[PDB]
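Taking it in order: structure first as structure tokens, then the write-up.
Chain letters run A, B, ... following the sequence lines, proteins first and then strands; every chain starts at 1. Be aware that this covers only part of the deposited structure, with contacts counted strictly within it. Remember, it's 1-based here, ligands and their atoms both numbered in the order they're listed.
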Amino acid sequence: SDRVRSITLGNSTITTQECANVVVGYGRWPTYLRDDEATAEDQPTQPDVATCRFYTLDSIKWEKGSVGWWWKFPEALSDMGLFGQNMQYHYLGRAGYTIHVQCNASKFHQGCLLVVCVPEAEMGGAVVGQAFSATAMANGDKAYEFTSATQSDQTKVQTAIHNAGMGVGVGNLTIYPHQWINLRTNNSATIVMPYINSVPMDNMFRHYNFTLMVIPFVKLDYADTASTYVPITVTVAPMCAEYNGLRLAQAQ
Amino acid sequence: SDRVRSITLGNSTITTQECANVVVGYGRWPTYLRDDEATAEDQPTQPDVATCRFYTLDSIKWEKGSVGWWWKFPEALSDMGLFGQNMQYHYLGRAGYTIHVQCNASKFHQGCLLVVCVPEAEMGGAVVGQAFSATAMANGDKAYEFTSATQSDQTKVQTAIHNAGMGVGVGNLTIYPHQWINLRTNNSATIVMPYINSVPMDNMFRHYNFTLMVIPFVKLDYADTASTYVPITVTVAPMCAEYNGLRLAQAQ
Amino acid sequence: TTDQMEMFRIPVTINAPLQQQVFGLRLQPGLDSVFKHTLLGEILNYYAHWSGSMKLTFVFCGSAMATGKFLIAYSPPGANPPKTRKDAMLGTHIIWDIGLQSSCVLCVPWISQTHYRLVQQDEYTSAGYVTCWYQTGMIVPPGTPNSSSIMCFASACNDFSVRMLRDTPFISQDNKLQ
Amino acid sequence: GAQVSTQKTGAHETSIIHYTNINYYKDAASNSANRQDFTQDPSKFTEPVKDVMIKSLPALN
Amino acid sequence: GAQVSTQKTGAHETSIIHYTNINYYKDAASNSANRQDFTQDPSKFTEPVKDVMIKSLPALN
Amino acid sequence: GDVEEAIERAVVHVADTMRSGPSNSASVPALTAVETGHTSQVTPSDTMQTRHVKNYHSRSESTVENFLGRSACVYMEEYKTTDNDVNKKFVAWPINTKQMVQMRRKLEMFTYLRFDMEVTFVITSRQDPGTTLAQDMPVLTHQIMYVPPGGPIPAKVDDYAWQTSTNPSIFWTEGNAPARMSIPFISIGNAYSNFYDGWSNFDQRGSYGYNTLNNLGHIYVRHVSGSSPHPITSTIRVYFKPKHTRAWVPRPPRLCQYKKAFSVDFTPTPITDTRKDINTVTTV
Amino acid sequence: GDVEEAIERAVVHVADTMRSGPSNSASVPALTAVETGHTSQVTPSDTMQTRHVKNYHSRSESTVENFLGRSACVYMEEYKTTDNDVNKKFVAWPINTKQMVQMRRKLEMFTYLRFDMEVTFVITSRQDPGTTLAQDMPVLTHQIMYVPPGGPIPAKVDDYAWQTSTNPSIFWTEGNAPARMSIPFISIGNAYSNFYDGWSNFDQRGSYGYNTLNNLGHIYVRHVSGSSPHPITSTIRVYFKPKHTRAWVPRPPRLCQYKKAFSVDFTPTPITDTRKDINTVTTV
Ligand SMILES: Cc1cc(CCCCCCCOc2ccc(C3=NCCO3)cc2)on1
Ligand SMILES: Cc1cc(CCCCCCCOc2ccc(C3=NCCO3)cc2)on1
Ligand SMILES: Cc1cc(CCCCCCCOc2ccc(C3=NCCO3)cc2)on1
Ligand SMILES: Cc1cc(CCCCCCCOc2ccc(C3=NCCO3)cc2)on1
Ligand SMILES: *C(=O)CCCCCCCCCCCCC
Ligand SMILES: *C(=O)CCCCCCCCCCCCC
């Protein structure tokens, strides 16, 4: 079958026995910066296998009452091996990614997740006019969660799920690269995101190029099974990573 | 003249207005490992410009009574940017180096240093039979010093200069790649060391491939000048660095 | 161990804590008790040197209704073994998904400073560790057992060879037989 | 397949001075020594300088 | 009728490495060992399956 | 005619490692069905990125000819030059390969074997301790005789059977290179059997096991006319080195220690040694 | 086919001296810059008037193959034929080249070495002195066994390990030519290391120095069945002769006397000996 899938980057391989297809950016495969699109003049580093490989973030639990989660990139990978090291020593960076979201249940469980990558997912504050800090939206590979109720805590982002933290209709997030994990048919989702920005390269700490959101559109449900929660794991591999402007490492 | 010299590796350039020649290993220029000389099967990383560039260690003072110093490699570079990072994340590494020892004085100063690179500079303990720790011979870019008197401290290496810590005649160290900095004619020394070992690659923490020794054969002397000490600075650039066996970083 | 056959069964269970470790073993095919008495280990014990890659095949033996994803990794030697899945995932690994194909092969490559390692392995000749972790978890529908077993097979690859014939430490006698 | 080669010169002026050898074992380790290879290069050690230096011309500048 | 064949490589890079043998006895049992036959096939043991299985394609169905 | 070209200028190596880059396909090499009784032919390039490696390693030292082709002690016994007990003066050994543990384990890794055999004897003598040891005994000569099944067996050092008009014998004198000779493949079958799951009688009774197929005869050894004033004890050690070997149907190596010379008999031994838990990977 | 022409009819000599006359030029050979790390290629004709000399001298005796290619004693130990102490009856030696000073200094003139090895054994026996020495012991036979790292080690002269079904052994009888055999280049590395500036542990702890790379195994030797009424002491001497040699990165010769077998350890020793003043050139 086509359900079978194998992906190898560097020293890591991912396999899936029940998948859908592989969504590719806006039909654009990741690629290194061309000479006719560059501004920064220094010779870049392209660590290759050391950085372009699969990194598995901490797992999370999908429970009957879960509402949704988000991770901002590249921040989510800032501590991952040499990818994180290269981010720290360089002023500029550029990369695409293979995102593989894993979630297995059973033929007797039901549920459905939207797995989307939102470019420039600029978010609103819990209380309009009140500024929040970076910590309200990203911190290493920590998963952030949406809420059903509207957020009151001004130190937070407006987490009410139906507006996806952006002031738009959550059911319209489908115009962004996405895949669905319907427990009845899938067991994982794979999206290849190319580099998307208004400038050729950018600083990797200061700018979150895109945000991965995993949202349960149909709640997790099951009968008298001994299994309770269903884990969700995110594994991602940078692709065609290149960096410019080497100097001392950024403390954080 | 030929005294003029310019060397560019990565984002760094070294220039000298009064040099001798450039000594090259045993006539062997650094080079990447060939397919017919390899054992480790994984695709290696060759960070290129990020690692193959000039790193300047802490400087030292050459005083009238100085006796000599040594630095062990690659240990001396274990904290230097991405070179150090790559050393930590990989089981195996391989590299050659361009060593540039700097020392300027004046037409009225006199003195002469031997700048040598000793492959496998295995050393004896201060007290025969007594084991010492790694700290007695290397620790980051810290310069270690020889002594005139024979060493009594058992936690140390036998530092008596005339036997160079190896039980041989110090005046015979010339069979190893070397250059002399005679204040009267030079102002620096440049030695390009290729990778020399009995195995194709090796662990970079556990094995000190070679030791750089700077020894005053003719003492620093001068008259009524206001300058007192003459600084000695070591700048070195890894060449053709490649690593294999990626895994978690070694704590130290 | 009460029952000898239990040695071949790697336990796997439902509701395991996230990122939990399933097992960990050190790569000394001729010396470590896990490998020394297998076909591969027995052959190695008639030699003093070895070189090459190895195949570790894992087969899931639970019911057709159980599901799960596991991360199996190989860590080249270094001062410290991986203590967490986060540590393990930085090395050579494969993510195993359970489905019709019950078995998965982790192929541990020959990554060494020397061309050959010693059968009577030492620190200089260290080969590393192989560890396994829950990637997601073993999920089960109603009416199926709560735990299951995984089995591990081992064999050499086509780049594997041994050198230096020697007697094996595994057989001896105090008297002539009879 | 016997190999025939020249001997190292003796007290008398040099043709009668060649010896013959035949290998009897299956491993090259069993063979006699290579007493007669005189290839030699002292320059890796006597002159490892990047830029070649002709004797007649001065060394510096 | 002497047989001439190649030796197993030694510490030095390889022509001078061949040895010669002559049998002196009337029975083949008297001959030296066959130290140099390297024919080898692991498939009777590693893959005795009736239907051949290519690695790329799945094993079942 | 004069010279012959049996040169093996093209010898076999171990497989090279092919360079391998990234992949994203439906083709999945790492997933298989162990159930088929098939061992996977996977290589590192199938599951990770590899560099190209020209591998020169060779499996020369692990051919069966090489593994079995070293002389191994298969038996040893003593015989005195002078003693009151007739049987203490000569050795009578029923040829077999099951009494010395090392050789036995090696041969037993295969079910059937076919080979020629090189036999070397190491004989040493020592003067027995006693109150009066002064004597001047000339060099000793030994006779080793092979008696095929059914031939007359010697009952004492001086009996007629030692004439060897037809049985093969070796006369050897001390101080010289150890005695040696070759024996061809002498089985009545097409291969020697290391195991025999069966009986001697059609009834399914009688002897059970490989011992029922062992009828290679005996080896008898004595001093020639070596009676000395004070006793001297000689010890003979016999070495076997198979050559021109062929082996069939390989078996798991013997795990339990051997208990009997003529039977598979053993005492249950655990699979392997234990460690504290399934994650223990340290030494201390 | 029959004969082969590997004749070296064109052998290398030392450089000739060219005739050289007066000069008056701007070209100055005798002035250089030692600072470049360059050794001057000057010859007498550069600084004085020379006659022509056809030089036939040759550097044949100073090739590394020749310098290292002589058998040197690397070890010696005694083992008794009979003694109350089990360990006094056999030798167990961890193969190495660091215990005998002469060979050690020669090998240590190079950092890396690659060669095949010819091993010759010289074994001699003597009767121990005592009150009663009259005995008549037959010729002695010795067994020398090589145990690769990890193989079973003998705990006494009569133990099973001496069966050598797989380890290589030599059985040798006194009165004969010394035993000898060749061993190929057996390192797990590409060359043997005489020095190793490093540790065994990745931690930069554990063993330090070349000893961490020494794992060549052991040599075990015993008398075969040589128990004598009165003790006899045998002494074995082992000689190494490297052949088919290659050497890399030469080092200054060892100046200080050696203190330990497994470490570079030394006591500071002066550069050389002294004379009364910088102009003293006479002897008395
Ligand atoms: C050694 C050894 C191993 C065995 C098994 C015997 C295998 C021998 C194979 C065939 C050898 O030739 C024969 C000689 C006589 C007999 C015989 N069978 C019934 C009694 O004598 C059969 C085969 O037991 N001891
Ligand atoms: C049974 C069986 C078969 C084997 C191998 C054993 C067969 C060994 C061949 C038998 C060799 O017997 C000898 C024959 C003759 C002599 C001898 N001839 C000259 C004097 O001594 C010695 C041994 O494994 N199991
Ligand atoms: C003699 C001698 C010289 C030395 C240095 C050893 C150099 C040997 C080079 C390689 C020989 O083959 C090896 C066998 C085993 C080991 C080994 N290393 C860790 C412990 O065992 C490494 C190489 O110490 N003793
Ligand atoms: C370490 C190191 C390496 C060296 C040279 C030492 C290597 C010497 C080769 C090892 C030789 O060991 C023997 C092998 C077998 C036998 C033996 N075989 C038949 C009986 O004795 C004896 C020596 O320098 N430093
Ligand atoms: C090479 O063998 C070609 C010519 C043959 C010469 C005859 C050999 C002389 C007798 C020695 C045989 C060696 C057997 C070990
Ligand atoms: C084969 O014999 C053809 C060439 C003859 C070579 C001469 C043999 C050298 C002397 C050994 C004779 C062997 C007699 C046992």
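The drug located at ligand 3 is named WIN 51711. What binds WIN 51711 (ligand 3) most in this entry is, by the naming of the PDB entry, protein (coxsackievirus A9). Other chains making heavy-atom contacts shorter than 4.0 Å with WIN 51711 (ligand 3): C, G. Counting heavy atoms within 4.0 Å, the binding site of WIN 51711 (ligand 3) comprises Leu118(C), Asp122(C), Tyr124(C), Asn96(G), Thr97(G), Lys98(G), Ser187(G), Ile188(G), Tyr192(G), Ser193(G), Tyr210(G), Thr212(G), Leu213(G), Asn214(G), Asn215(G), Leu216(G). Looking at the PDB entry, one finds chain C under the name protein (coxsackievirus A9). The source species given by the entry for chain G is Human coxsackievirus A9.
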